[PDB]
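Labels below follow one simple rule: chain letters A, B, ... track the order of the sequence lines, proteins then strands, and each chain is numbered from 1. Basis for what follows: all heavy atoms, side chains included, without hydrogens, waters or symmetry-related copies. Start at 1 and go down the list; that is how both ligands and their atoms are numbered.
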Amino acid sequence: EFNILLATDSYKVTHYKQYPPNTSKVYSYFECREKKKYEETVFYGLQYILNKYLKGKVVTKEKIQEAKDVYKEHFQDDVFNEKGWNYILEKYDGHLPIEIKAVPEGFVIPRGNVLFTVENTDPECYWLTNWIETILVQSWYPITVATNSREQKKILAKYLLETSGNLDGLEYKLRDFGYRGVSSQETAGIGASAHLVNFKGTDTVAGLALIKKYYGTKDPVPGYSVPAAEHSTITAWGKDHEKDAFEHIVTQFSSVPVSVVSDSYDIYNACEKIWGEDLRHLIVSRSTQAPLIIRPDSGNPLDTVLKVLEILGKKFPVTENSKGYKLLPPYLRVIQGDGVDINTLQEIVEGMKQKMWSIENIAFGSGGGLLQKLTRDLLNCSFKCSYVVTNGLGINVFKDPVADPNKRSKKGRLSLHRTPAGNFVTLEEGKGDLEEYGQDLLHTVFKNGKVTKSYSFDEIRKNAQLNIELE
Amino acid sequence: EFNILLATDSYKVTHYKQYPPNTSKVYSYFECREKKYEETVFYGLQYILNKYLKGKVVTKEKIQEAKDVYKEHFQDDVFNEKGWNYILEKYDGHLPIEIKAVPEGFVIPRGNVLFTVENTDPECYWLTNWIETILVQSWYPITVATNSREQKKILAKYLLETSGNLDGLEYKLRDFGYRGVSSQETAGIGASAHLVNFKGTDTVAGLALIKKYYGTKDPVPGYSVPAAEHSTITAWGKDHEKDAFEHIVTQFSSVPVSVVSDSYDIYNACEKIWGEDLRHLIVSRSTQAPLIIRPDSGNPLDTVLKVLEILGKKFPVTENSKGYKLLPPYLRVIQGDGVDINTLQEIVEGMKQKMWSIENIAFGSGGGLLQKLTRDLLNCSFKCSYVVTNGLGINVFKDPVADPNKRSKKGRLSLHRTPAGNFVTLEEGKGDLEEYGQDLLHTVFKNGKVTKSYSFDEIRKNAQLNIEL
Ligand SMILES: O=C(/C=C/c1cccnc1)NCCCCC1CCN(C(=O)c2ccccc2)CC1
Ligand SMILES: O=C(/C=C/c1cccnc1)NCCCCC1CCN(C(=O)c2ccccc2)CC1
């Protein structure tokens, strides 16, 4: 079972002996720190951490003893605040005397603003605020996945509007293929759920149960898939029988959309000769509600997409839409699911535009690029102490390293406000108390072991909409 | 609770319908496919087998749950209820799968078979690749353990050159990655993988994983020491950094203590606060209880070099038997910012050029060690190589025209020692010809049971550097 006493960086076990004597309050905050592009971030994922790990009776006698035994060996010394943990057990029935205030989930906030704050509610527990730094900072991951996914949605929206004149099907155009390419089952669920803030297409099944348990949707499920081959289901037929595999699969899934990986041996042969000649009769007969989606999976991603489109354009009837861009017949589409990240997505859609192909033609799948190839320094997600009370006097505290101004932190008690022009500002030094800027946008979401405010997944999605969608 | 019926890529739910009719066997394998990182450490499959795959993993409730989810997720009924029910009824929900694998901790060149998977019941031909997704997650502990070992090789080379021995090597790269990984589960897995090569960690999650799944003769596989963070210095107020330092080193007067020194001005902290104001509290410390000064910002090489130059003028420096400068035994440095395999190399080489022994320094690495890694670094990949259809075995493979690097292996596979003592993978069942001795793979899972396993002590032994051996 999970033990919050064993869920911190080891060194934090020793910090209760390091703060100034007579310290009754430690107050800390989280930001995606500005760096001298990702100019705005989607705040998502804290509610998962609050419910799974921080709420309710999280301290027991057994958990205290267990931690004491492990730390004895791990440090080869007796440092461990057994008394401090016993106090929370006896006084609060093991509930954390902590208050957390946060911006609503789904909110889209510029870099360098306070996103949440943490402080102890009992003077004895001044050490507890930063004990939970480690677990709370892991919110960097769903924030960053949700943010990077939204930035990809912006690119897709721009090019789809330009080449087609609308945004139809935008939420279905970037699929999560990342389940195998993340570091753990838990990561898979968190990451998949963060992608679903922006899109509806996923093969990372783990995201669904996470959303149902911790957030919830009006709809039965937040994400959807369609039948699709993998190389095993083609190659099992034997090298000389690729056409047999294709024919069998499209006939098995004749009335729903079906994706067929087409590059096992020669993607260009498969498109021109197998799909384009031998099996053409099984393709042109398909419903608009049940297209074949041809899937290349190797080679230079842009060069391969353009060549596949070129081949299919010469084998199938192409129209020109009202913006002047070429469109495949409605029973045929393409999905590129190899080597797609934010950079290559941009290259591909711009390449398509230059060659006059509508973005209606194509969907994208992304795996490692979407869920694994991200770190905490992409958005500089960071947790810092900004205010303490010592001997009953508050002091505004901060770091400001001489050789790196980008690592300077904020001072004092913080609040988040709308500006007169409708943007965001973080007020420092308790200046929100002067009430010159309307209401603080941070709300209490956790207090003394209870989750005090929750958001549904539908609300989060609404908060995270693109401006272009709003327009 | 975990449900293996809901722990695969969505599209695999539809694959049972796509294989050739009358297929009784699907046989697949995992490799770190060949195209830096010429050899890989095999680690982490034992965790997956025990946590997720062994015993009764199918129940009536789990089947109904998956049926209900997939009905909405596909907007159609495509889920193989009958196939899963067969497993429940016939095998009391134990997976009729056999997995063979190289021993954990083994160091194997790229492009070799590391494990294989096949069904043991013809009805369950579709099951082999259902579990691809979970098994392929082994890329992560493999990659962490591998990249961590590559860093140990660098540290070994430079420590040996500047000091003449390897004393303390295993304590020189510390895992600081707990906050920087994507989940609690990842933290434990990744920390355990670093502990294959090193003994220093602040990612507490790794300890419990190892104890549960691998085991060590020692009470714990990894260790930490007291250390400050910016909040324990800055809480004292900007004019009282010296007061913070004095309090901390006095509280931890008889054990090693690390104290982050860059809150305001690292160079002032080293030269004036440690080097003058509090110098008397440093030179009095035991060899068993050094102060470790921790810079945490600026260019990593430049900052380390300047910190060492400052301390070298404030404290008595010696010259070791190799001609390199050495701080007194009560004083060391740790660089825990910006460290990855590339910057590690730059820092130790830069120290060597300035005649500073690698004894003087330890490193901590967080996102670089545990997060900034992907499955394409070692090209970890699972593919089908052999099937039986209508009673006839067929060697199968992919070989995409535009990427010969993606070509997969054909047929039944085995791993062998060559006459020169290296590894070779034989394809097409050629291992059966017996020209290359016994298969080095071992059966590790069969029909719901883990059949062979390794302690963490054995894994560490297998993963040793040549220089250590
Ligand atoms: O290729 C794979 C998965 C590969 C995979 C998975 C996991 C790991 N590694 C690889 N999945 C196929 C998904 C693409 C389906 C498209 C999306 C857009 N689209 C519609 O929105 C639609 C239009 C008209 C009618 C109905 C729907 C047409 C159907
Ligand atoms: O700075 C932090 C943690 C920072 C942190 C943690 C988590 C997240 N973010 C930042 N930890 C201090 C590590 C100090 C390691 C050295 C290794 C070599 N060494 C001995 O081998 C030794 C010498 C004499 C006696 C006993 C042992 C001296 C101690």
- Query: What would UniProt call the macromolecule that lies against ligand 1 with the most contacts here?
  - Reply: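 Greatest contact count: Nicotinamide phosphoribosyltransferase.
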- Looking at ligand 1, which of GM6001, FK-866, LY3009120 is present there?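 From the list, FK-866.
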- FK-866 (ligand 1): other chains within a non-hydrogen distance below 4.0 Å: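 By heavy-atom distance, the answer is A, B.
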- Query: atom 23 (C) of FK-866 (ligand 1): which protein heavy atom is closest, and how many Å away?
  - Reply: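 Nearest neighbour among protein heavy atoms for atom 23 (C) of FK-866 (ligand 1), to 0.1 Å: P291(A) CG, 4.4 Å.
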- Item | Sub-4.0 Å heavy-atom contact, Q289(A) with FK-866 (ligand 1) |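 Contact present.
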- Minimum-distance protein heavy atom relative to atom 29 (C) of FK-866 (ligand 1):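 That would be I293(A) CD1, 3.4 Å.
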- Which beta-nicotinamide D-ribonucleotide binders in chain A, per UniProt, sit with a heavy atom less than 4.0 Å away from FK-866 (ligand 1)?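 Of the UniProt beta-nicotinamide D-ribonucleotide binders, heavy-atom contact within 4.0 Å holds for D203(A), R295(A).
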- Task: May I ask you to list the atoms of FK-866 (ligand 1) that are less than 4.0 angstrom from any heavy atom of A228(A)?
- Result: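 Those qualifying, in numeric order: 1 (O), 2 (C), 3 (C), 11 (N).
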- May I ask whether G337(A) places a heavy atom under 4.0 Å from FK-866 (ligand 1)?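 Heavy atoms of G337(A) never come under 4.0 Å of FK-866 (ligand 1).
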- Of all the atoms in FK-866 (ligand 1), which lie at a distance below 4.0 Å from a heavy atom belonging to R180(A)?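 Once the distances to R180(A) are compared, the set is 8 (C), 9 (N).
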- Contact between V258(A) and FK-866 (ligand 1), counting heavy atoms under 4.0 Å?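 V258(A): no contact with FK-866 (ligand 1) (<4.0 Å).
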- Query: Starting from atom 4 (C) of FK-866 (ligand 1), which protein heavy atom do you reach first, and at what distance in Å?
  - Reply: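 The closest one turns out to be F177(A) CZ, 3.4 Å.
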- Just let me know how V261(A) lines up against FK-866 (ligand 1), side chain, backbone, both or neither, with a heavy-atom cut-off below 4.0 Å.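 Neither; nothing of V261(A) gets under 4.0 Å from FK-866 (ligand 1).
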- Query: Nearest heavy atom to atom 15 (C) of FK-866 (ligand 1): which of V226(A), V334(A), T133(B) does it belong to?
  - Reply: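 Heavy atom nearest to atom 15 (C) of FK-866 (ligand 1) belongs to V226(A).
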- Query: In terms of atom number and element, which parts of FK-866 (ligand 1) are under 4.0 angstrom from non-hydrogen atoms of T288(A)?
  - Reply: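 Selected atoms, number and element: 24 (C), 25 (C).
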- Please could you name the atoms of FK-866 (ligand 1) that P257(A) approaches to less than 4.0 Å, counting only its heavy atoms?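 Checking each atom against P257(A), I get 26 (C), 27 (C).
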- Query: Is any N or O atom of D203(A), backbone or side chain, closer than 3.5 Å to an N or O atom of FK-866 (ligand 1)?
  - Reply: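 No - when backbone and side-chain N and O of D203(A) are compared with those of FK-866 (ligand 1), no distance drops under 3.5 Å.
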- Item | atom 1 (O) of FK-866 (ligand 1): the protein heavy-atom neighbour that sits closest, reported with distance to 0.1 Å |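 Of the protein heavy atoms, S259(A) OG, 2.7 Å lies nearest.
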- Query: Among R295(A), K200(A), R175(A), which one has a heavy atom closest to atom 17 (C) of FK-866 (ligand 1)?
  - Reply: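 Shortest heavy-atom distance from atom 17 (C) of FK-866 (ligand 1): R175(A).
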- Query: Looking at atom 20 (C) of FK-866 (ligand 1), would you say a protein heavy atom lies below 4.0 Å from it?
  - Reply: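 No, there is no protein heavy atom closer to it than 4.0 Å.
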- Task: Can you sort out which atoms of FK-866 (ligand 1) are near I335(A), meaning under 4.0 Å from one of its heavy atoms?
- Result: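 Numbered from 1, FK-866 (ligand 1) contributes 13 (C), 14 (C).
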- Query: Among the UniProt-annotated diphosphate-binding residues of chain A, which come within 4.0 Å of FK-866 (ligand 1) by any heavy atom?
  - Reply: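 From UniProt's list, the heavy-atom cut-off leaves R180(A), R295(A).
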- Item | Non-hydrogen contacts within 4.0 Å of FK-866 (ligand 1) |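 The heavy-atom contacts are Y172(A), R175(A), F177(A), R180(A), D203(A), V226(A), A228(A), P257(A), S259(A), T288(A), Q289(A), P291(A), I293(A), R295(A), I335(A), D9(B), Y11(B).
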